[PDB]
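The next PDB entry has kanamycin among its components.
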Amino acid sequence: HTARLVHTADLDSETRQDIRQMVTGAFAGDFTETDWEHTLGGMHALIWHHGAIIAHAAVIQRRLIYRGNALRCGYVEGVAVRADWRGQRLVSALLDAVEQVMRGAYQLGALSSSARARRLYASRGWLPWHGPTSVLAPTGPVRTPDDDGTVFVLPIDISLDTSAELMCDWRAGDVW
Amino acid sequence: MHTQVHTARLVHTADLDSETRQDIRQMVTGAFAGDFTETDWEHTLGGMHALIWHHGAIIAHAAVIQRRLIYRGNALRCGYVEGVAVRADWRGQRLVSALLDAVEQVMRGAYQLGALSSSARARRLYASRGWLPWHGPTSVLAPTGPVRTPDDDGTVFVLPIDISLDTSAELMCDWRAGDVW
Ligand SMILES: CC(C)(COP(=O)(O)OP(=O)(O)OC[C@H]1O[C@@H](n2cnc3c(N)ncnc32)[C@H](O)[C@@H]1OP(=O)(O)O)[C@@H](O)C(=O)NCCC(=O)NCCS
Ligand SMILES: CC(C)(COP(=O)(O)OP(=O)(O)OC[C@H]1O[C@@H](n2cnc3c(N)ncnc32)[C@H](O)[C@@H]1OP(=O)(O)O)[C@@H](O)C(=O)NCCC(=O)NCCS
Ligand SMILES: NC[C@H]1O[C@H](O[C@H]2[C@H](O)[C@@H](O[C@H]3O[C@H](CO)[C@@H](O)[C@H](N)[C@H]3O)[C@H](N)C[C@@H]2N)[C@H](O)[C@@H](O)[C@@H]1O
Ligand SMILES: NC[C@H]1O[C@H](O[C@H]2[C@H](O)[C@@H](O[C@H]3O[C@H](CO)[C@@H](O)[C@H](N)[C@H]3O)[C@H](N)C[C@@H]2N)[C@H](O)[C@@H](O)[C@@H]1O
Ligand SMILES: Nc1ncnc2c1ncn2[C@@H]1O[C@H](COP(=O)(O)OP(=O)(O)O)[C@@H](OP(=O)(O)O)[C@H]1O
């Protein structure tokens, strides 16, 4: 019913493995070792039932460049509810915890959604990015057309022109 | 369990009550004698603050924030240490060692390396604990592309976590306003 927030460095090895395995199975294989690396470093929202982790979402810190400013961003990764626990709105409890972190620490939240999860985020006030997305790669700005149509943002202490360019910072694997 | 007196406590920025957040900001700003800007304050936000309490006031602070440092084309997951400060009346009692015990525990548990910018005076402290001085040229991946940061050469220290870094190579931090390192 309610998620508990734990920083990566506060996860014991057993809990870390339990999280990785649950998230990985929830994605049915579509979750790579670099996707797992992207869930580390920040706050994990976790819901347990009788000692088993049944839901997870992580919010990690990065910068998103918007109109020349490198905005302090809480980026959401690894959102997953164990299959047998789906359809009980557990994801709402995960997102209440992640959005609380955003309000207290960041200028905006952001994330990359599948087409079917778009409704979930929009219903909570997240906004679909309509402008071109890019990544500040080591060679300079590079457009990321495969991620267009997947980015959502949650403004905290700003109004955003969601049809402007948005440029994430660099990492391996999927940059968004 | 004992009283935990002067053990640093790790608190995420989002879990700081407003009174504590203001005490940290005024304590760190005053500990730097005029050299800590509002952009330096922004740089302490978003991660875990290691705090040492005495009589309900913050007497020491160090924040570990997440960023990427690019090494040989690899964007390493870095815990970057900002705002390291011990209030002046409490200096010379090794409280910075208690802040660093917490900072280094956060690196081992969550990042591929710790990194920070050290004054010449503090170099010895970091080196005695195992941090390595970065000898290679530093740069930042600005929106226009890579650009050297010569003023930051000779100041960066790193704490690799089970990875091997050639500390004579180029190291390029990611972008942000104000001082990038
Ligand atoms: C997306 C996900 C986190 C939603 O979690 P949840 O707690 O089940 O969400 P909800 O209960 O609010 O249901 C969301 C939708 O899931 C679907 N659903 C309902 N019961 C389900 C079940 N028993 N089995 C599978 N899917 C189900 C419905 O389409 C529902 O839509 P609606 O609420 O508008 O009617 C979860 O399906 C999951 O982990 N999916 C795989 C990982 C993934 O895609 N994560 C999101 C990446 S952006
Ligand atoms: C750097 C700092 C955090 C060290 O904290 P600390 O808990 O006082 O550290 P230590 O007790 O290990 O003392 C460090 C050195 O300070 C010196 N010192 C002792 N008392 C001191 C005082 N009252 N004021 C200044 N320096 C003092 C000694 O040279 C000591 O070295 P020693 O133990 O080899 O004799 C603290 O001086 C500080 O807050 N400085 C201002 C902010 C800053 O520069 N931050 C660090 C950025 S790299
Ligand atoms: N794989 C695991 C990851 O999955 C999601 O993120 C990814 C999106 O799903 C991708 O979207 C693509 O796949 C969707 C679903 O098939 C399509 O709808 C969409 N048009 C496609 O572009 C997008 N390109 C990258 C992004 N990292 C989670 O948020 C992320 O935490 C998790 O690590
Ligand atoms: N200003 C407030 C900040 O100060 C330190 O970091 C700054 C270093 O002090 C700078 O270094 C310069 O000043 C040192 C001390 O005089 C000299 O030794 C050195 N050779 C100089 O280049 C460096 N260029 C940027 C770095 N952000 C703290 O770590 C940081 O958390 C805090 O926000
Ligand atoms: N070694 C120290 N360096 C600087 N401040 C100190 C040190 N030891 C004690 N203090 C402070 O000096 C003050 C008096 O110390 P105590 O609280 O330990 O008093 P006590 O001996 O009567 O039990 C306290 O500050 P405060 O009144 O502003 O809260 C205490 O924190």
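Each chain gets a letter, A, B and so on, in the order the sequences are listed, and its residues count up from 1. Every number for a ligand or one of its atoms is a count from 1 in the order of the listing. This deposition comes from X-ray crystallography, 1.5 Å.
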Kanamycin - positions in model
ligands 3 and 4
Count heavy-atom pairs within 4.5 Å of kanamycin (ligand 3) for each chain, then name the one with the most as UniProt does.
Aminoglycoside 2'-N-acetyltransferase
Which other chains line kanamycin (ligand 3) with heavy atoms at under 4.0 Å?
A
Which residues of other chains have a non-hydrogen atom closer than 4.0 Å to kanamycin (ligand 3)?
A:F27, A:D30, A:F31, A:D35, A:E77, A:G78, A:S112, A:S114, A:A115, A:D146, A:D147, A:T150, A:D174, A:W176
So which protein heavy atom does atom 18 (O) of kanamycin (ligand 3) come closest to, and at what separation?
A:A115 N, 3.1 Å
Within-cut-off N or O pair, A:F31 and kanamycin (ligand 3), under 3.5 Å:
no
Which residue and atom name correspond to the protein heavy atom nearest atom 2 (C) of kanamycin (ligand 3), and how close is it?
A:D30 O, 3.2 Å
In the complex you have, is atom 16 (O) of kanamycin (ligand 3) within reach of the protein, judged by whether a heavy-atom distance drops under 4.0 Å?
no
Strictly less than 4.0 Å: does any protein heavy-atom distance to atom 12 (C) of kanamycin (ligand 3) fall in that range?
no
Would you say atom 24 (N) of kanamycin (ligand 3) makes contact with the protein, given that contact here means a non-hydrogen protein atom less than 4.0 Å away?
yes
Taking distance alone, with no angle check, do A:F27 and kanamycin (ligand 3) share an N/O pair under 3.5 Å?
no
Tell me the source organism the PDB entry gives for chain A.
Mycobacterium tuberculosis
If the cut-off is 4.0 Å, which other ligands or ions are near kanamycin (ligand 3)?
ligand 1 (coenzyme A)
Among all protein heavy atoms, pick out the one at the shortest distance from atom 7 (C) of kanamycin (ligand 3); state its residue, atom name and that distance to 0.1 Å.
A:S112 OG, 3.9 Å
What residue and atom, counting heavy atoms only, is the protein's closest point to atom 21 (C) of kanamycin (ligand 3), and at what distance?
A:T150 CG2, 4.2 Å
I'm curious whether kanamycin (ligand 3) gets near the natural ligand site - which UniProt substrate-binding residues in chain A have a heavy atom within 4.0 Å of it?
A:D30, A:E77, A:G78, A:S112, A:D146, A:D147
If you map the residues of chain A that touch kanamycin (ligand 3) onto UniProt domains, which domain gets most of them?
N-acetyltransferase
Which residue supplies the protein heavy atom nearest to atom 14 (C) of kanamycin (ligand 3), what is that atom called, and how far is it?
A:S114 CA, 4.0 Å
